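The following structure: pleconaril with VP1.
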Amino acid sequence: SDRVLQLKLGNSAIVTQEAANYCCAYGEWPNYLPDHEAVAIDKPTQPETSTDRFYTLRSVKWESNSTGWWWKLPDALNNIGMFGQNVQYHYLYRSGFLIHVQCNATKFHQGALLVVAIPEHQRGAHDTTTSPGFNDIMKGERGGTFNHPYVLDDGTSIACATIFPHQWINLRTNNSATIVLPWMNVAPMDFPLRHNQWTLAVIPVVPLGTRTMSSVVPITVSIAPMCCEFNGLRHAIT
Amino acid sequence: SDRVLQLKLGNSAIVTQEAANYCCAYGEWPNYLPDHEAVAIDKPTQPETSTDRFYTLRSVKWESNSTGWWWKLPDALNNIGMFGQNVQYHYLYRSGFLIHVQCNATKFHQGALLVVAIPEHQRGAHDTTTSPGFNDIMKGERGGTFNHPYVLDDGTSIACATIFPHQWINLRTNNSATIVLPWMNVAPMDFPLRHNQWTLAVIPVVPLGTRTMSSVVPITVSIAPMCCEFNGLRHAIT
Amino acid sequence: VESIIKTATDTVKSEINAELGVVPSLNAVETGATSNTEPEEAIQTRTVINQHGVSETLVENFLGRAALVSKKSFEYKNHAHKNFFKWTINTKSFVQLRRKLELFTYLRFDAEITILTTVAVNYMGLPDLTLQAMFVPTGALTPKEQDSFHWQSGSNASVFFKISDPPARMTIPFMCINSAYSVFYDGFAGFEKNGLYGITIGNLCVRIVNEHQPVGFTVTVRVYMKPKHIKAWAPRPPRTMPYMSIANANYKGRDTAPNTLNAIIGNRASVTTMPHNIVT
Amino acid sequence: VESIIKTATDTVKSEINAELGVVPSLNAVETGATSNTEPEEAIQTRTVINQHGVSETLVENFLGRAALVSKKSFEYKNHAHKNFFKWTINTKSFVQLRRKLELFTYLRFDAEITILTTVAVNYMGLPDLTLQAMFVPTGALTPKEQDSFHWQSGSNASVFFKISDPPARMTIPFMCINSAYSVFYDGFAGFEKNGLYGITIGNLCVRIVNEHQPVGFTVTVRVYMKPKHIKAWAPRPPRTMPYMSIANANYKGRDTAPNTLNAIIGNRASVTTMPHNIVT
Amino acid sequence: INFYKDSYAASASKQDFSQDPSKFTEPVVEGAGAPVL
Amino acid sequence: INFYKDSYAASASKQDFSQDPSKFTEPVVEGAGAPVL
Amino acid sequence: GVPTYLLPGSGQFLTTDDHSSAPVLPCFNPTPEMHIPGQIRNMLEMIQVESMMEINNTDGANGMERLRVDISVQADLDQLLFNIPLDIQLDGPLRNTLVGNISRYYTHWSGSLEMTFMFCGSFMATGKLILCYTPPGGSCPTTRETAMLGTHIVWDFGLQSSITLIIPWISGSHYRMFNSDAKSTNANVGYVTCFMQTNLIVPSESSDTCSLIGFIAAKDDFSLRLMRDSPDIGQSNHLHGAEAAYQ
Amino acid sequence: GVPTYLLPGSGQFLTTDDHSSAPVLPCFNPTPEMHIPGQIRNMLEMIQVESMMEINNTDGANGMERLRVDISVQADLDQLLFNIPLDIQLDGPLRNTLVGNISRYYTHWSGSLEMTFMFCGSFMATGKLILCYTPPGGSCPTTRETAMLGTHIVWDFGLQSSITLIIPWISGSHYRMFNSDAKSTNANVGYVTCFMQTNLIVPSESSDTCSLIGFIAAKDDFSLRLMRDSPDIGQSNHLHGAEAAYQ
Amino acid sequence: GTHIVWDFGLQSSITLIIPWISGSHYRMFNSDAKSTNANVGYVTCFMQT
Ligand SMILES: Cc1cc(CCCOc2c(C)cc(-c3noc(C(F)(F)F)n3)cc2C)on1
Ligand SMILES: Cc1cc(CCCOc2c(C)cc(-c3noc(C(F)(F)F)n3)cc2C)on1
């Protein structure tokens, strides 16, 4: 009964019949900014349903030699729907996220994906002293891929990545992962266009394999901002 | 009435009609490991009667020019009966010991043996800087002999050895010595194959003498482990 | 959930188990939760009153150690680094401290700074010089010369110390503009795209106040930092690849294992090979 | 049995004795017990209120003295022991301390460490150098050079002191993995037979932080240890034969008495010869 | 204690013995030996 | 007393005046001037 | 005035001392505290989270291939699949783990460890394995008959994907030590070996070679003592930009 | 601040001082105490245990032969068997004993000593001896008529194998001193001599030469003061391996 | 096995108890000495000294 789950936010809903319970990052849950923690004094806008809903990004194809994928939040959504609009029209934003990564195959398929939400995932470049550039970091909806997943592209290690909020999608066990992320920052709000609180990484620790009929096995990411708040209204930085 | 004594453990018993009371090392008595002193968390095995019984080692012949004998515990018993089996199959052991050294002669014989249980008797080699080797230390049931009993083969002195739990076997007085040894270590348990808590030393401070019919005068050692406990079960290190 | 832990948890004696529908040793890693199998459920245990303390692993203590954050040596002589230096403060120059700090995402702490000075002749004896360490916050003007007006330090905090005195020392309060320092920053410094990715405290300016002597000396200043009143958040995977720059997490890896980009752990003949097997 | 003793026991006056079946002066050494004959039973005594204190023989005091455990002198100069040394800690190098510690089988105590430094020119004056003593526990990496990264001491405990300051000092807690230190170990260090018999704390690494001077100096570091908060178990026969190695109890004895393997006490003409007989 | 006027100048705070491992070890919503699935 | 936070840093403990010589002098089980045998 | 005298240790700088010191910025008001998710107060909290063991640390295995152990349908019985060196001090499969990395900042440890293995083969794949923990003393067992005599768990692949092998704290001394001598009696923890209890059986359309991922973590009865610098990080030269900080 | 001034003695390092000092490892948790047999709290406990006197410290006696005094069936009466120099400071039969060794770590002593002799001849052997303690003042007595005038005990060989001679504390001063001058009035303790009270009589099949073992110990009225380094141990060079500790 | 160490002395005699150690309630006087329902075991005597 913890293998079945339905998520409903705004005008969107998702169900899964092969879940693995679900993770609440650091045991927290999203919430609006309380008066005793607030800084920006202008009255904020709380769009609710028009922004707190599931947004599904373009899928990626899980291949035998895939290294892994990543999407940075809120960058990945900064140009999608009303969430993107508010982000472009406001200097400050704040929100949690409900992440649902989905991937199904066959009972003859095997593979295991580590689905981890990394706070402040500051990437590193490989074999050079030059820091990563803007285009190396800001991929938007498309997201990026890992060059050296073994060290999470930052000189550390995927082996210890489990220290971060995560779940796995082990094909023989489940077909989706769900992670609820609360606001994660040292400030009550932030400027959405130049800083990413979380990075969603989906890495195939165990490659996709099977001896049955070969078919395209996609991986799809659906993300729903939660308890969105926006301050510092101005024109849009499209 | 303190010249007569019977010791009974498990299926073994010993009596002596010429004892000299008996020594309880440091006034202590063997006991099982209490919960508030325990370290190894696995449930231990307490064999009781199959291990807590008297084991008699091969005798030695007391000669006019003998220098003394020694047996290290638990090494001396690590290959005898069920005690030895448990020791070979477990990583950790713990136990006290009831030592009974016996030697009788004639009312025309004279001789005095110092029977002392030395804790942590770390041997030293003579006239060399090289530390004693494995075979110099691990003699098993046979035990070893002193090269320079005068200094207890460790650069100290037999004269002050009485500081350790002991008794004497003075032929005109008694024919046996009994010493009860409690667990002696800085740890609640230990690995039986590479460390000896006690060393039983029997040294003839006063040589054997007589003018009557000459006959072989043996010295026999019987040792009974007490309150045995074993932890860390695995295969046998035979 | 939350509770006060002063010692390692005790162990309770456990009995034989043969219960249907109860499989404590089975788990599901996919949930993201760590195995919750207790020793008492995996094997038969005895009762153990564990008195092992857990103080040394308190974050306050783990990070509560003075570590070298800066080391600079220069020539003290007649320059006809001119008898003083300016250091743009950062905590990414020395790997020992850096790696520990980077075990966390966010850190809030006051910083105890200790300054150690040594001198060597370029022998007639060692001079007991007086130095001035001035904290020049972001936006303030940094000294242009050994004797420029900046050193009158009317508002900046300065500390004057002699080489013969014990190392200088003072506490820098937690001074971030946020509730905690960002050990890692997945963002850019400016509103334009040409900005710097990742990762300002200011400049520590140190000079010898004494005028130059007839001969030259080499003076080395070592600065140590010890965080205290610490609060930490979101532990992270430890650094494995050698560091390359103080400005980023760029990596390359050692030339040969261990810690090569290709293999963090050194190789063994096979998965059935026991490296330091006991040959009794 | 157990009781609080603050002064030597008093003596009670005793009268004449002629009791049958009562022979206090007779004993049986074979029992292993020491004679329990009281002075009052051996001769006629008077009453004596003995006020002699017994404080100086308290174990805490007997062992509570700072003793030299390490002494190392090296050359402080341009090496083109390179201005630093690594000492594998042990308490068996100096006989005075060693013998006292070896009067016991087990010892539990915190250790107060004091470091004394002196220097000599190889005359233009003595430099007031700064040194760093770093405690490198078992398994940690030891410095390879006078200025290697190891010295940034991010977690190891280091103490920086000047030659002009009072000796450096700190307390090392009782740090055994057991309830007490094993002054003697009748066992081997490893699971294999080739292991070392008998008898790890770590390494004390000391360097001069100052760069080398134009001339050379000899620097000597003396380390002293004073145990405190002491608990001792199982007294032992004192060492008589001179020590040979720090790694074992090997013995050889002096060439001639006293303390020769053949005779610990020097000889006298005969058992009826009084050595320092008073010739009035 | 602390003789300076600013509280941040005080010595270390080594008394925070509270902890909640579960936020890292069991961040799952639905909480023995019963099948976790 | 002790101004350091760790109790092991304290000065010496010279007040343990209890003792039981008998554990070394009379380690015999069966306890005047009567024959010890 | 008050008569005083300086004690040895006066004027020294002990990196581990603990005293108050002059505040550089008097009357400074630190930023108000805010609640932030994931606060950690004791490093023990961190090492209780299981992380991946690099069990396949062999030549030919690159990157993540080193994190998974591949097992295939056997032709013989009671086959040994792999063993795990329990070296935390000496480089080994356990070194680069949360528990391993953090423990290496200390010298003494005590407590039970736990190894969890997740089977990542296809759903149609079945099998039973036996994971054994062998307390120290002898050579690492090479046959199931021998391994089977130690602490173990028989694992049946099924809906619950993972099994846990508790490595109970079984030591003579209260603590073990991270000795540079792997065969030391105060350091060696023993061995972990894995054998087929039965065999890995899969149908024609399933891969006949499957991977296992092993994780390890400390339990709450764990304790670490005597902090030291980790041997896992070093520096030979200045890092790029380190010197430019003075320019 | 507080006005102060440094006193003479400031900055010095007295090996016998007693102060607290900075803890190297903050928050370190020492291993829990466990009960261990044989705890000793005062060195006086140790010297109360009797140990063997090397009475036969003569040329020709090697090793343990020096620990036993051989007495044989006499042909004459009132024969002197042996005497014992009571030198604890000057090398003598009492020096290498528990009481002797430990006392030599001090300079002043006070209290009664006790000498116990155990007869180790055959059971069929009989005899009576007289052990005399002679307070200082003159020459060591050489005849029983003279020795007999001091503190003594007449010993009858029998079932109880051992006899005890109490050397009562008889001194003018509260303490005696371990002077390098054996004839000093503050050091000399007197003499102990042993004569045949009757004779050693044995039958044909018993050895006609028997040994005695002498032990000595302090009573509970003993006290030691003014600690010093023992003259019983020295060093001329580095011990083997001492220098290799730096390699 | 089950044993007693005997020291010759004033008490002239020693007793060795052969405790009833059997699987079955009773043993049998089988004409087959090696029968599992008949064989009682052995008694041996050695010099201790
Ligand atoms: C990220 C991050 C940022 C920090 C703050 C480090 C602060 O340390 C500096 C500061 C602000 C001041 C001095 C300093 N040195 O001397 C003086 C004085 F002159 F004010 F005393 N201040 C030294 C360092 C390293 O820690 N982590
Ligand atoms: C057996 C046995 C073991 C011991 C422990 C001796 C501990 O002494 C060492 C230690 C651990 C540390 C230092 C030390 N010196 O300096 C430092 C500092 F740098 F940490 F301060 N530590 C010196 C010695 C001799 O005592 N008996």
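First the proteins, then the strands, lettered A, B, ... as listed; each starts at 1. The basis for the numbers below is simple: all heavy atoms, side chains too, and nothing from hydrogens, waters or symmetry mates. Counting starts at 1 for both ligands and their atoms, in listed order. Cropped entry; intra-crop contacts only.
For pleconaril (ligand 2), the other chains with a heavy atom below 4.0 Å are labelled D, H. Within 4.0 Å of pleconaril (ligand 2) on heavy-atom distance sit the residues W87(D), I89(D), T91(D), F109(D), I113(D), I115(D), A133(D), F135(D), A157(D), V159(D), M170(D), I172(D), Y181(D), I201(D), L204(D), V24(H).
Scanning the protein for heavy atoms near atom 11 (C) of pleconaril (ligand 2), the closest one is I201(D) CG2, 3.4 Å. The PDB entry identifies chain G by the name VP3. Interface of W87(D) with pleconaril (ligand 2), defined as ligand atoms under 4.0 Å from a residue heavy atom, comprises 25 (C).
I113(D) CD1, 3.9 Å is the protein heavy atom nearest to atom 8 (O) of pleconaril (ligand 2).
Looking from atom 6 (C) of pleconaril (ligand 2) to the surrounding protein, the closest heavy atom is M225(D) SD, 4.1 Å. The protein atom (non-hydrogen) at minimum distance from atom 26 (O) of pleconaril (ligand 2) is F109(D) CZ, 3.4 Å. The nearest heavy-atom contact from the protein to atom 4 (C) of pleconaril (ligand 2) is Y181(D) CZ, 4.0 Å.
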